[PDB]
Structures are given as C-alpha cells and as structure tokens.
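Heads up: the structure comes next, in structure tokens.
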Amino acid sequence: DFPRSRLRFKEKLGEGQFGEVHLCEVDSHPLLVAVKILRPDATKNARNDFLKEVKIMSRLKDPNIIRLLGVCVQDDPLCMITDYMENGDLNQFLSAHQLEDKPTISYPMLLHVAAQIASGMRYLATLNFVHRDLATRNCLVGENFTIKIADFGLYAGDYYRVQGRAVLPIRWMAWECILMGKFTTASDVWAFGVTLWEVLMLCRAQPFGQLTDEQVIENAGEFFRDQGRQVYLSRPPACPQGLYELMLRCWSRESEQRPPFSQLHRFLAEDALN
Ligand SMILES: Cc1nc(Nc2ncc(C(=O)Nc3c(C)cccc3Cl)s2)cc(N2CCN(CCO)CC2)n1
C-alpha cells in the first residue's frame, strides 16, 4: 500500500493550504483516481498537516463521505488517493443546472442530493465527528448524482479573514460559532440548513449575499439577544413552505432544538415527497 509507480498524472484539479489534487490513471482498462500530494512550496508544517489529514480520513468509511483508497506515506513522495468524483464540487455542478420547467435537475433530485448529504452527516454524528465547514463547495459529485462530503480546501468570498485568526465561513455558521468559536454536531446542523438552502437555490446566490460580513456577524449578536431582530435566509423559489420550515428548525436559537441528522434524513427521503 500503495506502489507509487502505478500512478499516471493527467490534470491538476485544485490546490489548498498544504496540498494539490491531481486526476491520475492506475494501470493495475482506464481506472481514474484523485491524488493529493504536497504543494511544491511545502514546508515541514505542511507535511505534518498532510499526515494528520491521512489519519483523520482513514477513519471515515461511508457511501456519502469521501473515502481514502490508499496512501504513499512510507517511502516519499507523500500521497493520498480517493475516488475520482467526475462532476467536481456540488456548487459548480448545481450552478450549471436549472430547475426543470413543469442541463436540468428535478425537485425530487434536489431532495435526493440533500438526503445524501444528510446521510453522510448522520454517519459523522455517530462518530461524534464535527465537520466545521459543511457547504456545497465542500461536497463532491460522482456518477448518477452520487454525493460525497469532503473536508476540502477559490471560494475566497465565503470566508471571513482577520489577521492572526482562523479563516471562518461565517455565512454557514450558527450564531454561537460566530460569537464563541464553539463548533458541535448542533452547529453542523445549522450549516446543513444553509447547505440545503444553497441546493434549493441551485447555488445561484451567496447566503446573506446582499449583507456585508460585519452585518452577518452583528446578525449573530441578534440571535444571542433574542429580541426579534435576527434575520434568516429567505425561502428559495424552488422550496415549498414545508421544506422551508425544516430549514428554519436547523436555525433554532437553542442548539438542542435543532433536528438530528437522522430526522433531517427521514424528512428529505420520505416526508418531502408528499
Ligand atoms: C476540483 C475538482 N475535483 C474533481 N474531483 C475530485 N474527486 C476527488 C477529489 C479530491 O479532492 N479528493 C481528495 C483527496 C485526493 C485527498 C483528500 C481529500 C480529498 Cl476530497 S476532487 C473533479 C473536478 N472537475 C470535474 C469536471 N468539471 C467539469 C466542469 O465543467 C471540472 C472540475 N474538479
């Protein structure tokens, strides 16, 4: 596990903080995989983060979570190998589709997309694993509208950057994450609510897109104060009222009032059809 010389590099797919992903072919006719390797400018800190991500990823084994197929971590150079998800991230994919009138996507397909994210998150919750950056940009799309959640690191405007602070996806963040940096399964539910809003919007608009970062942060202060001045994402045109109410439960002020992923999954697979 795994002979590096079996890998044939084809195209660079993307790039993050301590790694670079490439499309590769495996001889082992044409098997495609995604391969993450260190960036050319990698430091010893990047090598350490890459080894950790290997450890984190090795534990995740579910149909709707990206799966580690293999590793080069013994003799150099370091590599991580996953399924190649041929349709890219879900944000770009939904951006290229329009909702069916009466490349298109049906409303029941939007539900099926959301249900797969909810099942993936259901699995993470059983492991008490907190994702901290659930969004359509961190979901990958395979064949037959198969969704795998990644942890994935472009979408610069989706993160609030202050020097010397962690980079924060504030528009997906529960009011208590913004005010206190506390991330829990309950805050992943709130982000799931925002992710479901993105799916039903077909990624046509940034969440709170007409509000500044500072207004989004002061809106978290309004959830805290609980004086009826907090503001929510509006109902997407493709979204019925019943499904909108489910998004609103994800954005309950009280963390314990937010539905668990098992309930969100049931609703989107079953109740949402009626
Ligand atoms: C950014 C991107 N990724 C794609 N597929 C991937 N599969 C798996 C990926 C991945 O990163 N694995 C991974 C690894 C290896 C280690 C740790 C963690 C992880 Cl999650 S990335 C396809 C794609 N394209 C598809 C075709 N589009 C046509 C548009 O018109 C263009 C864009 N673009």
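Shown for chain A, in order and in the PDB entry numbering: 604-631, 648-721, 736-786, 791-911. Whatever order the structure lists them in is the order used to number ligands and atoms, beginning at 1. The figures that follow rest on heavy atoms only: side chains count, while hydrogens, waters and symmetry mates do not.
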Quiz prompt | Choose among tolvaptan, dasatinib, entecavir triphosphate for ligand 1 | solution = dasatinib
Self-check item: Main binding partner of dasatinib (name per UniProt)
Solution: Epithelial discoidin domain-containing receptor 1
Practice problem: Determine whether the side chain, the backbone, both or neither of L773 has a heavy atom under 4.0 Å from any heavy atom of dasatinib. | Solution: side chain
Quiz item: To the nearest 0.1 Å, how far is atom 1 (C) of dasatinib from its closest protein heavy atom, and which atom is that?
Solution: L616 O, 3.6 Å
Quiz item: So which heavy atom in the protein is nearest atom 31 (C) of dasatinib, and how far is it from that ligand atom?
Solution: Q711 OE1, 4.9 Å
Quiz item: Given the protein's heavy atoms, is any one of them under 4.0 Å from atom 28 (C) of dasatinib?
Solution: no
Exercise. Pull out every atom of dasatinib sitting under 4.0 Å from any heavy atom of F785, numbered as shown with elements.
Key: 11 (O), 20 (Cl)
Quiz item: In this entry, what organism is named for chain A?
Solution: Homo sapiens
Quiz item: If you restrict chain A to its UniProt ATP-binding residues, which of them have any heavy atom nearer than 4.0 Å to dasatinib?
Solution: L616, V624, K655
Exercise. Measure the distance from atom 19 (C) of dasatinib to every protein heavy atom, then report the residue, atom name and distance (to 0.1 Å) of the closest one.
Key: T701 CG2, 4.1 Å
Quiz prompt | Backbone or side-chain N or O of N706 under 3.5 Å from dasatinib N or O | solution = no
Quiz item: For dasatinib, which atoms have a heavy atom of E705 less than 4.0 angstrom away?
Solution: 25 (C), 26 (C)
Self-check item: From the candidates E623, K781, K655, the one that places a heavy atom nearest atom 16 (C) of dasatinib
Solution: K655
Quiz prompt | Atom indices of dasatinib, in the order listed, that fall short of 4.0 Å to a heavy atom of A783 | solution = 20 (Cl)
Self-check item: Identity and distance of the protein heavy atom lying nearest atom 24 (N) of dasatinib
Solution: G707 CA, 4.0 Å
Self-check item: Heavy-atom distance from dasatinib to nearest UniProt active-site residue of chain A
Solution: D766, 11 Å
Quiz item: For atom 12 (N) of dasatinib, is some protein heavy-atom partner under 4.0 Å away?
Solution: yes
Quiz item: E672 heavy atoms, cut-off 4.0 Å: which dasatinib atoms fall inside?
Solution: 17 (C), 18 (C)
Exercise. Name the UniProt domain of chain A that holds most residues in contact with dasatinib.
Key: Protein kinase
Exercise. Could you find the nearest protein heavy atom to atom 5 (N) of dasatinib and give me its residue, atom name and distance?
Key: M704 O, 2.9 Å
Exercise. Heavy-atom contacts with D702 under 4.0 Å: which atoms of dasatinib show up? List them by number with element.
Key: 7 (N), 8 (C)
Quiz prompt | For atom 18 (C) of dasatinib, the protein heavy atom that lies nearest, with its residue and separation | solution = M676 SD, 3.7 Å
Exercise. Show which residues surround dasatinib within 4.0 Å on heavy-atom distance.
Key: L616, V624, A653, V654, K655, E672, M676, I685, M699, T701, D702, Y703, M704, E705, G707, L773, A783, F785
